[PDB]
Novice: 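Please see the structure below; I have some questions.
In what follows, residues are counted from 1 in the order of the sequence shown. In each ligand, atom 1 is the first atom listed, and ligand 1 is the first ligand listed. Excluded from the calculations below are hydrogen atoms, water molecules and symmetry mates; all remaining heavy atoms, backbone and side chain alike, are included.
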Amino acid sequence: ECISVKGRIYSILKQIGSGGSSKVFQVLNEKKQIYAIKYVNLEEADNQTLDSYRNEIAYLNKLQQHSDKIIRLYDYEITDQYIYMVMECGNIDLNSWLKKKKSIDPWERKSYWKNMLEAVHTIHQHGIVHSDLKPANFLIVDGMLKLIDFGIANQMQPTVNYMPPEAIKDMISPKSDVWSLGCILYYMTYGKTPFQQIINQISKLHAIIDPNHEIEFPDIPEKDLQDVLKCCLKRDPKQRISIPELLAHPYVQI
Ligand SMILES: COc1ccc(Oc2cc(NCCC(F)(F)F)c3ncc(-c4ccc(C(=O)NC5CC5)c(C)c4)n3n2)c(F)c1F
């Protein structure tokens, strides 16, 4: 019912995430302030798991200085037995927010886009490619989006719809994250991801890599947004827009 880390006591309001050897709790400290604590049980864990968990805290810790669109890490306790990570708690994950919304304020959708670009840009400048970017991986906190993780440990959970063609064709570059950001932006403008409607999964992966399968970009008022989506959703990573290009794009600048 309570969690201690580097002395201090947090009371559990509830569990919010799960996977493999870990749990995430929404939590209060003694001044009744809210945090997310991640718990990782290490007693039964492979060295490939441990290394991933160590790499994650190292990276999360270094990236704090670089951008406020990365989740804050206040403190952590690491032992042969466990990890506790005390991190900022958000209002809601972007996936659960998207399922509520009847529709999105176009100026809200742009503001989020910017936030996602700045987060992912920051991890790219430290030589990290997330590779598994879904809306679940972003947090709304003070009307801004913050990236939650780095693709370095991958157990945690609150689809194959966000998968770039080249990750499937590989029997990966930063351009891989542009595809998935493109799928999230497409979801935010059309109320679906591009291959949402394809029903079975084997048939989805066929669509994602098949050149003859054209994606539909319906006419919308925001001609720029349409351009961002068509550039993010090119199957050829080499012909696909980069993050530094995306930040110079009229959609975020004009
Ligand atoms: C991909 O795995 C997950 C994705 C989204 C999740 O949802 C949420 C939802 C939050 N909303 C507050 C909702 C509340 F409390 F009001 F119900 C929230 N606040 C801080 C963190 C949070 C912060 C850090 C991390 C984390 O593990 N980051 C990695 C160390 C870099 C995680 C998984 C969640 N989250 N996470 C989740 F629980 C996951 F495990």
Novice: Quick one: BAY 1217389, ASTX029, TMC353121, CDDO-Me - which is at ligand 1?
Specialist: BAY 1217389
Novice: Just wondering - which macromolecule does BAY 1217389 hug the most here, in the naming of the PDB entry?
Specialist: Dual specificity protein kinase TTK
Novice: Around BAY 1217389, which residues have heavy atoms within 4.0 Å?
Specialist: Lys14, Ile16, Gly17, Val24, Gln26, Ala36, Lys38, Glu56, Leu60, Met85, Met87, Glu88, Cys89, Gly90, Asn91, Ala136, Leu139, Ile148, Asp149, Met156, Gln157, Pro158
Novice: Return the closest protein heavy atom for atom 15 (F) of BAY 1217389 as residue, atom name and distance.
Specialist: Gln26 NE2, 3.1 Å
Novice: Taking UniProt's active-site residues in chain A, which lies closest to BAY 1217389 and at what least non-hydrogen distance (to 1 Å)?
Specialist: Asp132, 7 Å
Novice: For BAY 1217389, what is the UniProt domain of chain A harbouring most contacting residues?
Specialist: Protein kinase
Novice: Give yes if a backbone or side-chain nitrogen or oxygen of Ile92 is under 3.5 Å from a nitrogen or oxygen of BAY 1217389, and no if not.
Specialist: no
Novice: Show the atoms of BAY 1217389 that are less than 4.0 angstrom away from any heavy atom in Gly17.
Specialist: 38 (F), 40 (F)
Novice: I'm curious how BAY 1217389 sits relative to the natural ligand site. Which residues UniProt lists as binding ATP in chain A have a heavy atom closer than 4.0 Å to it?
Specialist: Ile16, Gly17, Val24, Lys38
Novice: Show the atoms of BAY 1217389 that are less than 4.0 angstrom away from any heavy atom in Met85.
Specialist: 30 (C)
Novice: Looking only at protein heavy atoms, which one is nearest to atom 5 (C) of BAY 1217389, and how far off is it?
Specialist: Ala136 O, 3.2 Å
Novice: State the atoms of BAY 1217389, each with its element, that fall below the 4.0 Å cut-off from a heavy-atom position in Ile148.
Specialist: 5 (C), 24 (C), 25 (C), 26 (C), 28 (N), 29 (C), 31 (C), 32 (C), 33 (C), 34 (C)
Novice: Relative to the heavy atoms of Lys14, which atoms of BAY 1217389 are at a distance of less than 4.0 Å?
Specialist: 14 (C), 17 (F)
